Amino acid sequence: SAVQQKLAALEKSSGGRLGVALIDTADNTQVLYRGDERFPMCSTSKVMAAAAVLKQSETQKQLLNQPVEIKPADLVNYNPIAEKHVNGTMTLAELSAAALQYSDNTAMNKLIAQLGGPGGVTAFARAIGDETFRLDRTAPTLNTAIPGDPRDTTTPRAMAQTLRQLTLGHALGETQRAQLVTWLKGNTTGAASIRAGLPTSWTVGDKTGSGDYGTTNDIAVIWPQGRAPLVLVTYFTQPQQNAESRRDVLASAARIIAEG
Ligand SMILES: *C(=O)[C@@H](NC(=O)[C@H](N)c1ccccc1)[C@@H]1N[C@@H](C(=O)O)C(C)(C)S1
């Protein structure tokens, strides 16, 4: 197509490896660029963890109100919210909000522990039909993003298909799906990524990701006004370990997609 040429041109101008997957839910067509290649998810895998706890809430009705201790030894590299409740407690609802809207790594590790380890997160992915998603490590070592390392990776095709079933499909209950949609719309970390390349009248819920080798990710569900919703995944990684983040590439990919 024409989007393929411009995405390939954007990737050439960036010096890195770009992966894009779009699903238009009006006709279920797919716009893929390197859609079957493996990319490090970094903190875009947090959506899987929050959705798995939400799935647990379908049986444990009062699970999200359960308090969880935040002790100093739980602190890691980036804890913007959990820093404020040390020697106190946060409920699983506020931990999911801290993980999704502020990318709190301590909040993520608390979701992983609630699920019985990273194997419990991958289990939820297989239970909803995702055979590519694999979580192998806790935060922050899941952000190492070594080239060729299969740990903590997924493909754009699989992540877009899964994100649709969670936010638009019916892998979750209504209260759970609406709670996940509300969380993603309140994200505070994606102003410079997918959101920066979309028409400002479009409402977006998204989750960003960052890691070593300049890894810059963003997955998003997009509601255009007067049009069926869309799902967009943008993965980007770079050859140099000390590479700087490239959120501008994610915006440019979204603009190329939105024009399509
Ligand atoms: C996952 O994406 C997380 N990233 C990390 O833990 C990295 N070790 C890191 C990268 C850059 C600065 C500090 C730590 C969290 N999610 C990122 C994001 O959404 O962009 C993050 C920078 C907020 S940290």
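Chain A is numbered as in the PDB entry; the shown residues are, in order, 28-287. Atoms within a ligand are numbered from 1 in the order they appear, just like the ligands themselves. Side-chain atoms are counted along with the backbone in the values below, which use heavy atoms only and exclude waters and symmetry mates.
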Student: List the chief contact partner of ligand 1 in this entry, with the name from the PDB entry.
Tutor: Beta-lactamase
Student: Any chance you know which drug is at ligand 1?
Tutor: ampicillin (open form)
Student: Looking at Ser70, which atoms of ampicillin (open form) are within less than 4.0 Å of one of its heavy atoms?
Tutor: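 That gives atoms 1 (C), 2 (O), 3 (C), 4 (N), 15 (C), 16 (N) of ampicillin (open form).
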Student: Among all protein heavy atoms in this structure, tell me which lies nearest to atom 5 (C) of ampicillin (open form), with the distance rounded to 0.1 Å.
Tutor: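 For atom 5 (C) of ampicillin (open form), the nearest protein heavy atom comes out as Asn170 ND2, 3.2 Å.
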Student: Looking only at protein heavy atoms, identify the closest one to atom 17 (C) of ampicillin (open form) and say how far it is in Å.
Tutor: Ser237 CB, 3.6 Å
Student: What source organism is recorded in the PDB entry for chain A?
Tutor: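 The entry gives Klebsiella pneumoniae.
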Student: For atom 16 (N) of ampicillin (open form), what's the nearest protein heavy atom and its distance?
Tutor: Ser130 OG, 2.6 Å
Student: With heavy-atom distances below 4.0 Å as the criterion, list the atoms of ampicillin (open form) near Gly236.
Tutor: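 Per the distance check, 2 (O), 19 (O).
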Student: With a 4.0 Å heavy-atom cut-off (strictly under), which part of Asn132 contacts ampicillin (open form): side chain, backbone, both or neither?
Tutor: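 It is the side chain that gets close, since no backbone atom is under 4.0 Å.
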Student: Is at least one protein non-hydrogen atom found at under 4.0 angstrom from atom 13 (C) of ampicillin (open form)?
Tutor: no
Student: Where does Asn104 meet ampicillin (open form), judged by heavy-atom distances below 4.0 Å: at the side chain, the backbone, both, or neither?
Tutor: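 The side chain, only.
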Student: List the covalent partner residue and atom for ampicillin (open form); answer none if no such bond is modeled.
Tutor: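 The covalent partner is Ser70 OG.
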Student: Output the list of atoms in ampicillin (open form) that are nearer than 4.0 Å to some heavy atom of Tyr105, sorted by atom number.
Tutor: 23 (C), 24 (S)
Student: Output the list of atoms in ampicillin (open form) that are nearer than 4.0 Å to some heavy atom of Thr235, sorted by atom number.
Tutor: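 This gives 18 (C), 19 (O), 20 (O) as the contact atoms.
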Student: Which residues lie closer than 4.0 Å to ampicillin (open form) by heavy-atom distance?
Tutor: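 The binding site of ampicillin (open form) (heavy atoms) is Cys69, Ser70, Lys73, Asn104, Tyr105, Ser130, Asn132, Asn170, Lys234, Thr235, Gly236, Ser237.
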